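Model: T-cell immunoreceptor with Ig and ITIM domains / ligand ociperlimab.
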Amino acid sequence: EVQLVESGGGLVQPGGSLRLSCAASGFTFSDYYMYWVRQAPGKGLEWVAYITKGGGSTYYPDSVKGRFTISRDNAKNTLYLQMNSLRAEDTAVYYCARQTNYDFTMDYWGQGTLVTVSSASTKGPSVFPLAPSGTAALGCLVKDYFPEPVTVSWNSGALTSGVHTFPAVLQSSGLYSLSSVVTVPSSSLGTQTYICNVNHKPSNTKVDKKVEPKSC
Amino acid sequence: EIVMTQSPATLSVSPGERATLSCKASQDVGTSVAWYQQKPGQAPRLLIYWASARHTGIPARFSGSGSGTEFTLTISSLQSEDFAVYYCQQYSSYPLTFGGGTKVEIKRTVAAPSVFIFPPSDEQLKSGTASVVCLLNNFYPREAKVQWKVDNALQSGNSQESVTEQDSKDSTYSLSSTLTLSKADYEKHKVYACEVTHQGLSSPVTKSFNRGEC
Amino acid sequence: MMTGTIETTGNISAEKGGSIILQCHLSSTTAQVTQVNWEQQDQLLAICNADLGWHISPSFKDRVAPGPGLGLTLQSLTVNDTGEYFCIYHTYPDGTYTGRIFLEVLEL
């Protein structure tokens, strides 16, 4: 089964340099032409690079020409994107994608790496409980962190239906916060326990908080 | 560069109906147009290539057409899962260009929100700031309004909201308003309210607590 | 087991700046030709897809025109065009047949 797994995204400072990688599995990598595509937060799709089967020809749009370099290691089945002189407008999810062997477009894509270019520094979040007072609601508030992203599970992936994790919001602090909530049977409140699992990999923060009706 | 224009950028279509997305080209691109479907938090997947050919594994109610400069994507028997942003792309000449995207919102029947208020945790109050949050759950359409009042004083310029993307199975939105305050001003007042209006509500819905009770 | 053969238009020497026709033909098989590629060792020039027709690679748009038939017309030859060209037939149920054309763009 065809797989494109990307890594190397992160936070890096203006003018800095970063190298993304994309590991291919499930097809003959050396047979395929490859691209990188980026997408700014809340924006559309921007083609960024193109490399031939072998590596002998490369193309880039002007926006990025000179600073980004696409390469490949067909022995390791891995595609790379070398980024230099990173400016603000390079913040984006970066996708790798293989070219159709039946046409000249983009057949299959990786999940993407977020690349954040900024002067601000990594900060972990505080996890606070949203406690329940039919159907009942509760959840976790995740306040003051940088950069994105943060991931929230419930009961370490067990509790999945009824969960809403909201888009992060940038506060005036220049820091982000969000909330995750789940709706549950009210009957289930005094019996089964509800734990959120907050993970902020940039700050190497992992926290599990349990929400219960508050001790008044 | 060849400029791909997708307009409207937004379309609201009822379940079961037929959506028609448009993609114009600043110059002739032949039939070297593709269409991608991008669901939230997900990589784009390829729907149509060669202007009208359907990628394998793609349901037959997706169909593309067009040549030259005017292209079209048509989603028949539209359903909740089809909520996505759809981009056209030309590969006739360099540089490769994507269109702006057209978000297809599924225009389901009106659903009133379910409101919930959460007072700040004591563990947060140990740090000087208190956050009071209000949840609006599984409603349609998107437009909904939230007013905070502390001791019946309407709050302003101290809240922030976030809406989820349209749900892929029931096509509703959910919303969170967050009131951020000093612990100082939090402790100087006692009743905290979240008041919600919405097209599915015959009359405004309020949810309250009194700081220090239960 | 795999009976077909490729004829070609033969190895080419041509002056800079002209246009020239390259073509192959598959014979002595009845397999269905699902796709024909034109390549250059590392570069894909054009795909004639069974029921869709011709697409020229975007990096060759104005250098290559499709046709005649399953062939190509290279348009304004430069010394850089010198090299081996391949017509690659994807067929069912025989498989992949390949024919080779060498092109030498001279500056007499």
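By convention in this document, chain letters (A, B, ...) are assigned in the order of the sequence lines, proteins followed by strands, and residues within each chain are numbered from 1.
- Tracing ociperlimab through the model gives chains A and B.
- Among chains of ociperlimab, the most heavy-atom pairs closer than 4.5 Å to chain C come from chain B.
- Looking at chain C, most residues touching ociperlimab fall inside the UniProt domain Ig-like V-type.
- In this structure, the epitope of ociperlimab on chain C at a heavy-atom cut-off of 4.5 Å takes in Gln35(C), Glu39(C), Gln41(C), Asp42(C), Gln43(C), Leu44(C), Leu45(C), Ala46(C), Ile47(C), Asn49(C), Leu52(C), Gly53(C), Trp54(C), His55(C), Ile56(C), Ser57(C), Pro58(C), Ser59(C), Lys61(C).
- For chain C, the heavy-atom paratope of ociperlimab at 4.5 Å is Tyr33(A), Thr52(A), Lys53(A), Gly54(A), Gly55(A), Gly56(A), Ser57(A), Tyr59(A), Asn101(A), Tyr102(A), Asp103(A), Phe104(A), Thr31(B), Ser32(B), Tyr49(B), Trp50(B), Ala53(B), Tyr91(B), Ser92(B), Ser93(B), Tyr94(B), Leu96(B).
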